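What follows is a model of Lanosterol 14-alpha demethylase carrying bound ketoconazole.
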Amino acid sequence: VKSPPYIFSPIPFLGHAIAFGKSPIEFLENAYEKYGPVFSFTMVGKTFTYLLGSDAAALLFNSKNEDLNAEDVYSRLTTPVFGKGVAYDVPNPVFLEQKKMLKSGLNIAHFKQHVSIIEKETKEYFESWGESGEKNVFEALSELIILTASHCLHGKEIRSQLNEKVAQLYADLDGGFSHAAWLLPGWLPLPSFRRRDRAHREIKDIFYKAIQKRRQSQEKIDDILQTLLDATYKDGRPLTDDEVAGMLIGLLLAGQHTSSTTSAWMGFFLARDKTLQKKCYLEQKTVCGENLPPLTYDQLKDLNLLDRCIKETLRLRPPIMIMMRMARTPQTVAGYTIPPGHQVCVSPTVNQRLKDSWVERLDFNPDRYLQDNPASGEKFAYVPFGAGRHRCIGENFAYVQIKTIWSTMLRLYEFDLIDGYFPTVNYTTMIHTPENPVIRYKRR
Amino acid sequence: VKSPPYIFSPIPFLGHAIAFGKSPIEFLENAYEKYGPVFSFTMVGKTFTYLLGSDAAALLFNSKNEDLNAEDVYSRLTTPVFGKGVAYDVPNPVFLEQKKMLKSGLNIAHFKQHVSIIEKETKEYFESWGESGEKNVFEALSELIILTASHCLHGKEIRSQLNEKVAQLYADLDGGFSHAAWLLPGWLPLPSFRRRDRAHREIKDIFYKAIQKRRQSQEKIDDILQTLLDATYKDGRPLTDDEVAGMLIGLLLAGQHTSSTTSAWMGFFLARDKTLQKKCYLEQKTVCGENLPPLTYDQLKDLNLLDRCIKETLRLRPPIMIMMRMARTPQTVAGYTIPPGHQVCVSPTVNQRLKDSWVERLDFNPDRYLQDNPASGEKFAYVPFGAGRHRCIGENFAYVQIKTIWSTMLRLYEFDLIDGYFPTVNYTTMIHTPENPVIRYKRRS
Ligand SMILES: OC[C@H]1O[C@@H]2O[C@H]3[C@H](O)[C@@H](O)[C@@H](O[C@H]4[C@H](O)[C@@H](O)[C@@H](O[C@H]5[C@H](O)[C@@H](O)[C@@H](O[C@H]6[C@H](O)[C@@H](O)[C@@H](O[C@H]7[C@H](O)[C@@H](O)[C@@H](O[C@H]8[C@H](O)[C@@H](O)[C@@H](O[C@H]1[C@H](O)[C@H]2O)O[C@@H]8CO)O[C@@H]7CO)O[C@@H]6CO)O[C@@H]5CO)O[C@@H]4CO)O[C@@H]3CO
Ligand SMILES: OC[C@H]1O[C@@H]2O[C@H]3[C@H](O)[C@@H](O)[C@@H](O[C@H]4[C@H](O)[C@@H](O)[C@@H](O[C@H]5[C@H](O)[C@@H](O)[C@@H](O[C@H]6[C@H](O)[C@@H](O)[C@@H](O[C@H]7[C@H](O)[C@@H](O)[C@@H](O[C@H]8[C@H](O)[C@@H](O)[C@@H](O[C@H]1[C@H](O)[C@H]2O)O[C@@H]8CO)O[C@@H]7CO)O[C@@H]6CO)O[C@@H]5CO)O[C@@H]4CO)O[C@@H]3CO
Ligand code: HEM
Ligand code: HEM
Ligand SMILES: CC(=O)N1CCN(c2ccc(OC[C@H]3CO[C@](Cn4ccnc4)(c4ccc(Cl)cc4Cl)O3)cc2)CC1
Ligand SMILES: CC(=O)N1CCN(c2ccc(OC[C@H]3CO[C@](Cn4ccnc4)(c4ccc(Cl)cc4Cl)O3)cc2)CC1
């Protein structure tokens with residue numbers, strides 16, 4: 001019985017809050033060098049054990065929620081946003097069943113509807129950008145993906161309900177994913193806290209309309225919303241309008257920022273490497289045809305450089321930078337015993353550029369997978385959508401959304417850095433955004 | 001006409017204060033990577049331009065004080081501590097004459113007196129350490145250096161006055177060297193300013209009577225104090241007691257924490273590398289004889305290995321991390337022009353560790369000066385004592401003090417890391433101290 005190596009700190013309560021908050025990746029890498037794959041440190045009165053590399057990460061991924069708990073650590077910020085009865089407000093096994101319902105709605109038949117739907121929105125959004133200029137790509141992508149995600153994961157009913165003042169209510173909901181919502185108790189009246197809670201009530205209320213609007217129309221519509229309204233537990237109990245609305249919010253959030261971010265980054269990687277940008281466009285012609293017809297799901301499967309470009313963007317910029325659990329029981333990894341109380345953590349980001357197992361780690365090189373790599377060489381070195389019980393379900397949909405958008409975007413425009421500026425990473429938010437994400441764009 | 005590359009910060013007033021504050025060398029080397037030898041950034045509403053590498057630092061080192069001025073940047077810290085009419089409170093030509101006088105005291109005749117003074121102080125101090133144990137070297141060293149530096153630089157009369165009270169007065173003065181004193185206006189009253197001011201008066205008062213008393217006795221004492229009492233500007237004008245008192249405070253502050261931090265680090269470099277440590281002890285025997293007799297200045301010149309260990313310590317841990325100037329007129333380096341108003345900096349630490357010119361840069365290797373190295377291969381790669389008009393005058397004394405101390409310390413003890421711990425650097429203060437500088441020791445064979 002032995003404790004993970006502990007990283008002592010000068011500052012009594014803050015701990016490593018300032019060094020880690022400043023640049024978590026450098027911090028975690030420096031710690032990996034000095035202390036190894038399993039270590040502890042204190043931030044803001046809380047102790048964190050991190051698991052780095054595949055072997056160590058294995059513990060968090062392979063474990064039961066009974067032993068490494070996700071609600072204990074997420075409820076604080078998620079439950080106020082998504083709502084009661086949904087996600088981390090219920091016991092895990094109840095959650096899994098809701099996960100299976102959402103899974104059902106994410107299949108090839110729906111994805112075939114999604115492709116053309118997203119393609120139209122993309123084309124129609126970018127009518128405002130004209131033939132050339134300099135605009136913020138991430139904000140454009142943020143707005144577009146709020147349109148595409150809603151169109152696909154919510155109904156046409158809800159998509160037709162989106163205006164300026166609804167995006168504001170979504171923005172209010174984003175402000176729930178904060179530094180402060182995690183650390184500070186909910187009973188404090190902060191600006192962001194009231195802002196968020198106001199929007200939750202409103203948007204639940206807006207979803208109540210559209211659920212009622214569809215529950216009553218007879219036209220057989222087969223999208224994701226229908227899948228939810230039709231589903232049932234092992235019980236045989238259908239979902240309450242509340243439950244449904246709860247998981248509609250969870251879909252909107254999961255599906256929006258994780259794809260805007262990633263799309264935005266890939267933009268800058270492709271603008272920095274103009275040869276690779278050219279090859280992606282060439283592959284568009286080679287696969288789909290020189291006449292560039294509207295996109296099909298079946299064509300997507302064959303855009304393999306684009307696919308690896310997305311694989312590689314997610315490698316160097318996974319939007320979920322950290323996974324967390326609470327140790328409810330003692331757990332053993334690498335010979336260390338993590339005591340109950342620690343928040344146990346894995347970082348895809350660190351794992352995915354770890355010097356031990358990636359060649360030219362900081363290089364944007366989608367051909368790395370066409371060689372030997374730990375993404376197939378190792379279990380948990382490449383892990384942007386997690387693994388085990390808490391593993392993602394949006395991977396196919398996120399690949400469809402991003403793929404369609406960038407196909408359309410490369411068809412519209414050639415992209416370039418402004419004065420060679422490659423954006424750095426903003427760590428002031430759990431939304432990890434590119435700093436000043438403005439690209440130059442020529443018509444193709 | 002082009003200004004240096006500038007590093008932007010989101011944070012409005014503070015700018016890079018946190019990123020620089022936390023790890024300056026890390027910050028500066030990453031900046032070197034992205035931007036090159038010359039760049040500018042801002043902290044707490046001040047803009048800094050750094051000159052990294054021999055070629056760039058040549059600007060600061062070669063420049064005249066009118067162009068790149070030190071009073072403008074040092075005075076707020078310095079004058080309150082040393083007092084008026086001294087150092088950076090007077091125009092630079094006046095300071096040079098002052099430096100010339102101090103220099104004339106730092107000669108071989110006095111250094112020979114110093115050796116046997118310092119050795120005795122060292123032997124006597126470390127009697128409280130006993131056969132073995134675990135103690136805080138850095139604390140022991142600063143305590144010791146206060147005694148040795150006073151004895152050598154102030155004289156026997158002042159050293160006999162050194163008690164618990166006076167040690168506290170000096171520590172209050174040290175408190176004047178805060179980042180706070182550099183940033184915040186002097187009419188504010190933090191606890192530490194009051195202390196600095198009160199202690200400045202009480203120390204001057206002590207030095208006054210000490211100066212008075214020797215100006216009177218007939219004992220022909222040939223030391224650094226007498227050199228000051230007998231000195232004269234080109235004028236013909238001798239120093240007033242307040243000037244003598246000033247530079248005496250200057251001397252103790254100067255010759256104290258520079259030697260104590262450097263000695264402490266060397267302790268840790270020697271404890272980390274045990275076969276190096278033993279070779280140093282063998283050198284003692286090989287040079288001074290097997291009997292290990294009392295140290296002499298002459299013997300110190302032939303301790304080449306210990307010399308290079310100090311040289312190498314100063315290379316990796318120079319006590320003065322940043323030298324600074326105010327730009328009064330515009331200056332040009334590497335094609336860039338620094339506007340008047342920027343604070344222009346060099347860091348010996350960064351220069352002395354630069355991938356480009358240092359083979360295995362982070363390695364403590366005293367024998368690197370027996371190969372081809374940039375200390376002789378370049379101009380300003382190795383500059384722990386500065387260069388140009390503001391060049392240090394204390395190097396020879398520093399070496400005498402540290403060699404004598406560590407020579408003795410090696411004869412007395414063998415040193416070890418506690419649990420393989422090597423202290424990291426404390427940056428929260430201007431005395432760049434080692435973290436938890438406790439060392440293991442046992443009586444040497
Ligand atoms: O000696 C090296 C160390 O010195 C300085 O640390 C001081 C620090 O600045 C102050 O904060 C204070 O420490 C108090 C601390 O704040 C409290 O948390 C508490 O500490 C207790 C721990 O909570 C508890 O876990 C246990 O500690 C044991 C560890 O659990 C166990 O793993 C092991 O620790 C070893 C580490 O695992 C290993 O990594 C290595 O530690 C290195 C550190 O990681 C590194 O940061 C540095 O530490 C410096 C530090 O920077 C200084 O500021 O080097 C270390 C090399 O040793 O080795 C560890 C063993 O040394 O064992 C420990 C038990 O030894 O108990 C502790 C109480 O002991 O109370 C503290 C009250 O002092 O003071 C410290 C000491 O000067
Ligand atoms: O633009 C004119 C500028 O040109 C020269 O600077 C170049 C520099 O020498 C190159 O090294 C390189 O600099 C890179 C830079 O170091 C990186 O940090 C990065 O910068 C991006 C930021 O990371 C990102 O945050 C954002 O910047 C925004 C700021 O965060 C925000 O505060 C605000 O900027 C305000 C400034 O804070 C404020 O001081 C003021 O700035 C003006 C300067 O004071 C003035 O000297 C001049 O700068 C010259 C510079 O001296 C040349 O050497 O004009 C400045 C701006 O007009 O005014 C701002 C208030 O609006 O807004 C910015 C958004 O711009 O984005 C930046 C830029 O991508 O990227 C750089 C790599 O390209 O390039 C620069 C520029 O060519
Ligand atoms: C690039 C896009 C995406 C990435 C990189 C991503 C990443 C992740 C990661 C890392 C996890 C594991 C979290 C943990 O273990 O703590 C996860 C879980 C999950 N994701 Fe995503 N996601 C993306 C898009 C989506 C989409 C579009 C949806 C909705 C269809 C979604 C819904 C979910 C759900 C329901 C979970 C399960 C949470 C749990 O079981 O505790 N994600 N995702
Ligand atoms: C190892 C110990 C020492 C180191 C590393 C050191 C370092 C330095 C450095 C880097 C400078 C240049 C300052 C600048 O340009 O900003 C300097 C200047 C100076 N030092 Fe030292 N020093 C040491 C010991 C001493 C001692 C013992 C004395 C007095 C006996 C002393 C007195 C001075 C003086 C008078 C200056 C000139 C300041 C000026 O002209 O602006 N130093 N020293
Ligand atoms: C203290 C500290 O150092 N830190 C505070 C906590 N910090 C953190 C916060 C949240 C987090 O996230 C995990 C939870 C919350 O969000 C998702 C991630 N997600 C998003 C899309 N797919 C998955 C999620 C799951 C299902 C659904 Cl329906 C929707 C979503 Cl948003 O899992 C991960 C890390 C890490 C940094
Ligand atoms: C904002 C910022 O980034 N920062 C704050 C200011 N920072 C700084 C502060 C002081 C400094 O110091 C140079 C001046 C001050 O002190 C000496 C150094 N000194 C000591 C011994 N030998 C030389 C000195 C010279 C002669 C005599 Cl008589 C006595 C002394 Cl104390 O020169 C150098 C740098 C640099 C870091």
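Reminder, nothing fancy here: chain letters follow the sequence lines and each chain counts from 1. Counting starts at 1 for both ligands and their atoms, in listed order. Below, each value reflects all heavy atoms present in this structure, side chains not excepted, and no hydrogens, waters or symmetry copies.
One finds ketoconazole in this model at ligands 5 and 6.
For ketoconazole (ligand 5), the other chains with a heavy atom below 4.0 Å are labelled A. Applying a cut-off of 4.0 Å to heavy atoms, one finds the binding site of ketoconazole (ligand 5) to be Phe20(A), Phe48(A), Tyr74(A), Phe82(A), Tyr88(A), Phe177(A), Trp182(A), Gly250(A), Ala254(A), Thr258(A), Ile320(A), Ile322(A), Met324(A), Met430(A).
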